[PDB]
Structure formats: C-alpha cells, structure tokens
Amino acid sequence: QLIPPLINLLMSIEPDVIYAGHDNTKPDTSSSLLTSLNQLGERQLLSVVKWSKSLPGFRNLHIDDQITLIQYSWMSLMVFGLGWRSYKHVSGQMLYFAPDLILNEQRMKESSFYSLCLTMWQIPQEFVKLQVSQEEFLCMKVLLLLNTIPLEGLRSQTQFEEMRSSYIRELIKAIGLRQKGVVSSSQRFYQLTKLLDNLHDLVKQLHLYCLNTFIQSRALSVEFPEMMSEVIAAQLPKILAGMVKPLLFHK
Ligand SMILES: CC(=O)[C@H]1CC[C@H]2[C@@H]3CCC4=CC(=O)CC[C@]4(C)[C@H]3CC[C@]12C
C-alpha cells in the first residue's frame with residue numbers, strides 16, 4: 001500500500017540471520033575471536049553474493065563489474081549490517097556480530113581490536129541518533145554496494161549510473177514514508193547521504209586492520225577462510241593505496 005514495491009522486494013531478499021558457529025563454552029582469546037569473526041565473514045560473504053543475484057538491476061551489469069563491486073564493498077556492507085543488528089537487537093550498546101557472537105566491552109581485551117570496535121560502534125550510534133528506519137537502511141545498503149568504482153570506471157557504466165540513480169530515488173521514497181516536511185525530508189536526505197560518505201574513512205581503518213592481520217595471520221594464529229582470503233588478496237592493497245574512485249554525495 002504505502003511501502004514502495006522495490007523496498008518490499010529488498011525486505012524480502014534480505015538474508016536470514018547468519019550464525020558464526022562460535023564456541024562460547026571456551027574462554028575467547030584474541031586470536032580465537034578474530035578467527036571466529038573471519039568464519040562469520042566467510043558465511044556473510046556467501047550471503048552477500050546470493051543477495052546480489054536477487055538485487056534488482058545488479059545481475060544486468062557486466063559480470064566483471066558485479067564481481068568488482070562485491071570485492072570493493074564487502075567490508076562496508078558487513079560493518080553496515082553489523083551496525084543495523086546492533087541497533088535493532090541491543091539498542092546499539094553491544095556489537096551484535098551474530099546471535100552466537102555478541103561483543104561487549106568486557107570481551108574486547110585487545111587494545112588494538114577494542115579501538116577498531118569503537119570505530120565500528122560509530123555506525124549503530126548514528127543509527128540510534130538518527131532513528132534510521134528499516135526502509136531507509138535497505139536502500140542505503142544498496143547504495144553502499146554501488147559506492148566505489150574503478151579509476152577507469154565500469155564496463156557497464158551507463159547501466160551502473162541508472163541503477164545508482166534508481167536506488168537514490170528509492171531512498172528518497174523511504175525517507176518520505178516518515179519525513180513529511182519538504183525541508184525536513186531534504187535535511188534527512190542530507191544526513192543519510194552524509195553518513196554514507198563518512199563510511200569511506202571508517203571502512204579504510206577496517207581495511208587496514210584486516211590486511212595487516214591477514215599478512216600476520218600465521219604469527220597471530222588467525223585463520224582466514226578461502227573466499228575471504230581471495231577478496232582480500234584481489235583488491236585490498238589496491239583499495240588501500242587509493243587506486244579506486246570512491247563516490248561521494250557531498251563535495
Ligand atoms: C580479522 C580481522 O582483521 C577483522 C578486522 C575487521 C573485521 C570485520 C569487521 C566487520 C564484520 C562484520 C560482520 O558482521 C562479519 C565479520 C566482519 C566482516 C569482520 C571480520 C573480521 C575482521 C576482518
């Protein structure tokens with residue numbers, strides 16, 4: 001009725017919650033924790049690719065572009081999802097990685113990892129502050145998938161532009177569901193798109209921590225599964241070096 005068709009479709013294709021398959025019964029060490037988060041990441045990566053095959057318009061981009069967009073955005077999509085689950089299930093007061101892997105301050109012993117968690121915590125915090133709706137979150141997540149492209153652009157750049165515009169228009173409709181004011185809705189659009197822009201710097205810290213841990217994996221006793229190892233090796237160094245074009249809503 002009032003909920004736009006595309007938004008209902010996005011709600012319908014959102015994956016079912018993913019479990020980390022984490023022990024719990026045993027004392028979590030820093031390395032065991034990271035290993036468990038990587039196992040969760042491997043399971044979420046599969047989920048992300050399956051989700052993308054049902055995402056309107058995505059399957060129509062050139063296959064190389066589809067692969068490139070997933071390899072550029074997996075970290076962003078996953079931390080954004082973490083933000084949403086944390087917001088929804090624990091009022092943003094704990095990091096809800098999975099139902100069997102919820103982290104609070106007490107479990108973040110490692111000072112470097114705790115610092116990374118505080119960075120991640122910024123998202124649920126903004127979600128709480130802005131009171132982001134399920135409808136807004138769904139459209140913003142798609143925009144994140146489409147938020148970075150190669151320096152030379154995509155093979156299906158035209159199709160990509162149209163897709164991105166369609167989802168920007170859908171985010172506007174989501175905002176309109178609760179933002180009556182023409183300026184209030186406008187200021188809302190500004191706030192939400194500014195949040196997406198800010199994710200770029202946030203994700204960069206996650207990318208750096210990941211690539212470092214990946215290179216020191218044997219030394220840190222941290223295991224990375226095969227699919228995650230592939231995306232890291234295929235693009236992280238390039239992304240970190242800034243050899244990609246981040247798309248920004250605000251100059
Ligand atoms: C092991 C490691 O370096 C950590 C640092 C940042 C961590 C990621 C942070 C974001 C994230 C959220 C999830 O819900 C799944 C796991 C992932 C994808 C995490 C997997 C483990 C990572 C990559």
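Heads up: numbering here begins at 1 and tracks the sequence. One-based numbering, in listed order, for ligands and for the atoms of each. FYI, side chains are in, hydrogens and waters are out, and symmetry mates aren't considered; it's all heavy atoms of this structure.
- Sitting at ligand 1 is the drug progesterone.
- Per UniProt, the macromolecule in most contact with progesterone is Progesterone receptor.
- Neighbouring residues of progesterone under 4.0 Å (non-hydrogen atoms) are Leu37, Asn38, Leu40, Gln44, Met75, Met78, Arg85, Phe97, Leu116, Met120, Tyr209, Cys210, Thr213, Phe224, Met228.
- Within progesterone, the atoms closer than 4.0 Å to a non-hydrogen atom of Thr213 are 3 (O), numbered from 1 in the order shown.
- Looking at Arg85 next to progesterone, an N or O pair under 3.5 Å apart turns up.
- For progesterone, the UniProt domain of chain A with the most contacting residues is NR LBD.
- For atom 9 (C) of progesterone, the nearest non-hydrogen atom of the protein is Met120 SD, 3.8 Å.
- Atom 21 (C) of progesterone is flagged as protein-proximal [any protein heavy atom, distance under 4.0 Å].
- Remark: progesterone atoms within the under-4.0 Å shell around heavy atoms of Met228 are 23 (C).
- Ranking protein heavy atoms by distance to atom 13 (C) of progesterone, first place goes to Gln44 NE2, 3.4 Å.
- Looking only at protein heavy atoms, the nearest one to atom 3 (O) of progesterone is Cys210 CA, 3.3 Å.
- Ranking the protein heavy atoms by distance from atom 12 (C) of progesterone puts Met78 O, 3.6 Å first.
- Every N/O-N/O distance between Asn38 and progesterone stays at or above 3.5 Å.
- Residue, atom and distance of the protein heavy atom nearest to atom 8 (C) of progesterone are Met75 SD, 3.9 Å.
- Close contacts of progesterone with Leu116, meaning ligand atoms under 4.0 Å from a residue heavy atom, involve 5 (C), 6 (C).
- Among the UniProt-annotated progesterone-binding residues of chain A, those with a heavy atom closer than 4.0 Å to progesterone are the following: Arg85.
- Protein heavy atom at the shortest distance from atom 16 (C) of progesterone is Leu37 O, 3.6 Å.
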